[PDB]
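Here we have a structure that includes CB3717.
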Number of protein chains: 2
Amino acid sequence: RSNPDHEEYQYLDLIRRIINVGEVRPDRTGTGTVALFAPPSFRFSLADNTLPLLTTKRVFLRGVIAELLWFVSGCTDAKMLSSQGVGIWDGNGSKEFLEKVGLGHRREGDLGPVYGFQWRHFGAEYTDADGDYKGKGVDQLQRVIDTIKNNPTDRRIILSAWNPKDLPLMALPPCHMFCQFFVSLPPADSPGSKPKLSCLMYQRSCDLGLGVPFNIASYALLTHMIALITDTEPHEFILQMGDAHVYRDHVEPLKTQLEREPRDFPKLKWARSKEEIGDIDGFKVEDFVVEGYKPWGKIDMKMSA
Amino acid sequence: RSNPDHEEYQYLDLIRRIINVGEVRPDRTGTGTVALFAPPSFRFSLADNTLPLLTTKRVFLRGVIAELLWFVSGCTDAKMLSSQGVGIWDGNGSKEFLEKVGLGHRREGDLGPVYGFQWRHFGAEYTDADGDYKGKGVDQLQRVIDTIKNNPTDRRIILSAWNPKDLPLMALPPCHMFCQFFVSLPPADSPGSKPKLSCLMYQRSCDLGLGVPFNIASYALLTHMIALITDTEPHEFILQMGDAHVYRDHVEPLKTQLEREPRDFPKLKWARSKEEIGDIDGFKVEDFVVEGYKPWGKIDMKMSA
Ligand SMILES: C#CCN(Cc1ccc2[nH]c(N)nc(=O)c2c1)c1ccc(C(=O)N[C@@H](CCC(=O)O)C(=O)O)cc1
Ligand SMILES: C#CCN(Cc1ccc2[nH]c(N)nc(=O)c2c1)c1ccc(C(=O)N[C@@H](CCC(=O)O)C(=O)O)cc1
Ligand SMILES: *c1cc(=O)[nH]c(=O)n1[C@H]1C[C@H](O)[C@@H](COP(=O)(O)O)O1
Ligand SMILES: *c1cc(=O)[nH]c(=O)n1[C@H]1C[C@H](O)[C@@H](COP(=O)(O)O)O1
């Protein structure tokens, strides 16, 4: 390894380990997987505007950003993603899947009270994706922003989408069920510096081939976004996994990826200022300027619904 | 070290690290702490009836068991613990503290919809600790039991007390906010063996001196309990921490503990059979037979309310 310390090796090494000593298991989708439970967590530095966007394969960056802004908006209609050319949620939002999980009364694309809804309206009563939820439920995301700015040492800076009561209304239960932010105060020797912002996310189920690449970049981006609005400096992103698995039909495609040497991670820059963006709800896809992204070729992998 | 691989060194080493390079910070209690965010997780083997009850200091075992059976029962009245000689929750259940956090309308000891209530009645409306919640809300615990027995490869075996909507009603927000169970199927070379049960718990805020010792034994015991009811074999317990800290007034007392060499962990045996206990709600303090516990002397540490 030209550069053995490249953070991407964490991802490649775990996949190799799962394939090697993982346990073959049946699963909800019916395709089957090989898995390990609670492996060591991943750590990615977010310093110097670094964005841990995997380079051993081309990652659909725009899809990650679109999905993230979608979460932030509190929207749960997958059509808002497919209309802009992002179909990652088309599979679980299809009329065929919804009816399959007992949600036939919903129009196609209406995923239910998933991620975004819990993030901005936790506890509110869900009708459909067109419902008026403004000012209803708990806005966890804004509370996180307010807390980081006015009481950084607080120990409850949590953002969670897990809701046992709403689960049956969801086309799919949250995979990244929650994350915790931490703010390091400016060192004594130089109190003018910006506090450092870190994020730990826990993912109950992890599709290493398809999902993890998105999850890693997504939460890294969320932390960068929150850092901008709170005048803090992104520091570290930690990802703890529960059921970490590699789908059976992903094994061969991933072996090809395992042969590739990572390129230095790209950097993130903002196309607009903090003032122009305003708050967490003012970001736009075009605001994300990712430079230096130099990935290898794309690797085709089918998603199991 | 006579036994460098003793699992208790994970706990001792982390405390040493926090004291050495941890960051000095202000906190809600006002006593102050030294902390590190998201340190490597702890792993404890639960095989061969092993119970990771710390030995470098005498741990109030009966108090751990009592609190756990209290959680399971869904009860939120701290008087149910103090009446049996366990006052770990007297501090946050006292009238002064309750009135202090805006809950003066509650009788002393009524902590609100904390741990146990969320575990067995998530989503139900909370009135007071005497309310009738039977059959109300989501019983996450029993669902976990049923899932382990009938669909072990499920990836949603989650037990969580985090409830953004109910937080303000709680004397204190959940520290151990959730855990995930995992079941390994019997290997091919012996399909008669019992499936192996593991548990990963995530704790947002960790008082290493006082809380962690209880948290470790508590979730280890919970896994042993669930294993009995589900005909599975306890395997491993993983603990991931968020804000890992040592209170200022615990530093000196802990230094004394750091000088001690761990004794082999004790073992857990049941005073009754699975049939006699019946289900997760049938356990009694006397059912827990811990043998071989050989700890060093107690170490006094004050809890910051
Ligand atoms: C995590 C997350 C968000 N999600 C949502 C989501 C929904 C159901 C899931 N189901 C399964 N089995 N695995 C998943 O990772 C998963 C993820 C994603 C969904 C699909 C892809 C995907 O198929 N990507 C392909 C094609 C990308 C493209 O459209 O160009 C890829 O090659 O990456 C990525 C992320
Ligand atoms: C986690 C958890 C449950 N809890 C609940 C709970 C509630 C508020 C808290 N607040 C703070 N600052 N730290 C805590 O760990 C904490 C824990 C506990 C509460 C007290 C002790 C404690 O004082 N232990 C002393 C005395 C033991 C005894 O009563 O005999 C000790 O020496 O261990 C331990 C656990
Ligand atoms: C879910 C969504 C996400 O953001 N990331 C993911 O990796 N996934 C994966 C996990 C799993 O393979 C599948 C969901 O299936 P299940 O609910 O765990 O049965 O999507
Ligand atoms: C909370 C309860 C528990 O089970 N274990 C714990 O260690 N604690 C600790 C963490 C922290 O010191 C305090 C809770 O205060 P805060 O909500 O984190 O501000 O108790």
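We name chains A, B, ... by the order of the sequence lines, and we start the count at 1 in each one. Structure method, as recorded: X-ray crystallography, 2.1 Å. Whatever order the structure lists ligands and atoms in, that order sets their numbers, starting from 1. No hydrogens, no waters, no symmetry mates; every other heavy atom, side chains included, goes into these values.
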Practice problem: Please list the parts of the model that make up CB3717. | Solution: ligands 1 and 2
Exercise. Look up in UniProt the name of the chain making most contacts with CB3717 (ligand 1).
Key: Thymidylate synthase
Exercise. Tell me the other chains with a heavy atom below 4.0 Å from any atom of CB3717 (ligand 1).
Key: A
Quiz prompt | Contact residues, CB3717 (ligand 1), heavy atoms 4.0 Å | solution = A:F60, A:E67, A:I88, A:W89, A:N92, A:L172, A:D207, A:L210, A:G211, A:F214, A:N215, A:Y247, A:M303, A:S304
Quiz item: Can an N or O of A:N215 be found at a distance shorter than 3.5 Å from an N or O of CB3717 (ligand 1)?
Solution: no
Quiz prompt | Numbered atoms of CB3717 (ligand 1) (with element) below 4.0 Å of A:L210, judged on heavy atoms | solution = 15 (O), 23 (O), 24 (N), 25 (C), 31 (C), 32 (O), 33 (O), 34 (C)
Practice problem: State the atoms of CB3717 (ligand 1), each with its element, that fall below the 4.0 Å cut-off from a heavy-atom position in A:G211. | Solution: 1 (C), 15 (O)
Exercise. Cross the UniProt dUMP-binding annotation of chain A with the residues having a heavy atom under 4.0 Å from CB3717 (ligand 1), and give the overlap.
Key: A:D207, A:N215, A:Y247
Self-check item: Recorded source of chain A in the PDB
Solution: Filobasidiella neoformans
Quiz item: Which of the numbered atoms in CB3717 (ligand 1) are below 4.0 angstrom from a heavy atom of A:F214?
Solution: 1 (C), 2 (C), 33 (O), 34 (C), 35 (C)
Quiz prompt | Nearest UniProt active-site residue of chain A to CB3717 (ligand 1) (heavy-atom distance, 1 Å) | solution = A:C175, 6 Å
Quiz prompt | Where CB3717 (ligand 1) meets A:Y247 - atom numbers and elements under 4.0 angstrom, heavy-atom basis | solution = 12 (N)
Quiz item: Which CB3717 (ligand 1) atoms does A:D207 reach within 4.0 Å, using its non-hydrogen atoms?
Solution: 11 (C), 12 (N), 13 (N), 14 (C), 15 (O)
Quiz item: Which atoms of CB3717 (ligand 1) are found less than 4.0 Å from any heavy atom of A:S304?
Solution: 10 (N), 11 (C), 12 (N)
Practice problem: Please identify which atoms of CB3717 (ligand 1) are closer than 4.0 Å to at least one heavy atom of A:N92. | Solution: 7 (C), 8 (C)
